[PDB]
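Section: structure with cetuximab.
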Amino acid sequence: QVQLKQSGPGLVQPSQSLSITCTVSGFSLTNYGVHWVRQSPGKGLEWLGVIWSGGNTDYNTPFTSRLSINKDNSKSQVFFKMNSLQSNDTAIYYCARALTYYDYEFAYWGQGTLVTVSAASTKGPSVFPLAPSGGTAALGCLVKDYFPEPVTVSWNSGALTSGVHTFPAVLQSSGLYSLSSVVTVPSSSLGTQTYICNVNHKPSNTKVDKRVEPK
Amino acid sequence: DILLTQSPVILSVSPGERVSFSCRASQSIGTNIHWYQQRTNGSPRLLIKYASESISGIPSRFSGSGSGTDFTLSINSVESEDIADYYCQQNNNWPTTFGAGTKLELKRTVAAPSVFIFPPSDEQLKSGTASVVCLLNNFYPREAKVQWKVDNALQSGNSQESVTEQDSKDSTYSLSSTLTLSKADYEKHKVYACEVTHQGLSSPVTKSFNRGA
Amino acid sequence: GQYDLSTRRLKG
């Protein structure tokens with residue numbers, strides 16, 4: 001069907017520029033316009049601009065001078081670029097497509113791209129086991145000291161999803177994030193099944209698979 | 001630009017009940033309004049277009065009405081997976097603008113937490129820092145107290161809490177409390193306990209361990 | 001009432 005896949009999240013220094021690629025499938029860029037929307041703590045949902053089928057662009061008024069949208073029809077790619085980012089430009093950026101070629105009811109969305117504007121440095125996390133000690137055992141992974149958000153965590157390469165809780169990251173006094181991911185399983189499976197949290201911090205391309213066993 | 005005002009900001013109902021979301025525009029926009037659902041870690045999902053028109057694949061319990069300045073999104077029988085924020089969008093006047101959203105929570109019966117405690121791993125202790133995690137699992141309502149004690153000394157200021165959003169299946173919350181201390185401090189003590197207070201417990205539950213078993 | 005980038009949800 002119709003899909004929009006955006007490039008990965010990342011850090012951007014203040015006064016610097018942002019680049020996001022939206023790759024579409026299930027339709028042609030020559031038939032549909034592609035919109036850009038962001039979502040920030042300061043202003044919530046915000047329509048930024050659009051590139052139409054024929055290449056014309058419209059930019060929302062407070063962005064006309066620092067926003068540039070381009071595309072490559074043959075490669076089904078839309079390119080979003082924004083200049084001179086500041087802290088309140090920290091937000092999740094989506095590309096989106098409407099039901100009809102001319103309209104603004106956004107029926108298809110990219111998965112979003114979380115952009116963090118900060119002078120700090122990217123750092124990958126360390127992954128530590130939370131080891132199991134009514135026949136239900138809890139276990140998890142401690143994903144500690146990374147920057148910036150986000151980090152993705154799954155269990156057994158996607159095969160274990162029931163009973164999983166991945167808590168929201170919290171910012172430590174160090175300026176680094178930390179979170180835990182937990183799952184409850186039958187304690188009788190601890191000697192039979194292997195349990196692995198799959199951690200990926202794309203801003204640093206740090207990918208860690210942590211095996212969690214009873215101590 | 002058109003200002004879209006959504007009310008209330010929070011909405012708490014029980015399953016099977018009908019619920020209504022409000023969206024008011026700063027001037028008439030006819031019926032040029034769209035509604036969206038955003039689940040936890042999800043992208044917005046189009047529910048209604050032009051005030052009242054259905055969308056493919058959207059359950060029939062979602063409907064919308066209104067015209068002019070006052071618009072309503074309705075769910076006649078709330079389900080658990082309806083937990084989300086809901087947004088309205090206008091497009092009668094350029095540029096298209098969005099409301100600030102209304103959060104929909106679900107009520108359910110009281111559920112006491114299951115409490116687990118994890119010592120720091122020997123791996124982390126190599127790094128010179130110790131993390132003690134106390135997990136409160138699948139409880140309701142959200143309010144809960146976590147009290148840390150090291151050798152009966154009350155810990156204050158050196159723990160952080162994180163709380164999941166409501167679960168889409170059983171409407172419960174889960175909470176993690178992480179006590180962070182230096183390895184030197186951690187080695188200078190023995191008894192590590194988190195005490196958990198919650199409406200669903202007749203008395204507080206304490207999970208503890210002694211460093212080195 | 002404010003949107004949180006960590007959870008993609010409204011918090012307060």
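Note on naming: letters A, B, ... go to the chains in the order of the sequence lines (proteins, then strands), and numbering restarts at 1 for each one. What you see below is based on every heavy atom in this structure, not just the backbone, and it leaves out hydrogens, waters and symmetry mates.
The parts of the structure that belong to cetuximab are chains A and B. The most heavy-atom pairs under 4.5 Å with chain C are formed by the chain of cetuximab labelled chain B. Near cetuximab, within 4.5 Å on a heavy-atom basis, the structure shows C:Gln2, C:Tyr3, C:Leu5, C:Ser6, C:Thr7, C:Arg8, C:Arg9, C:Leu10.
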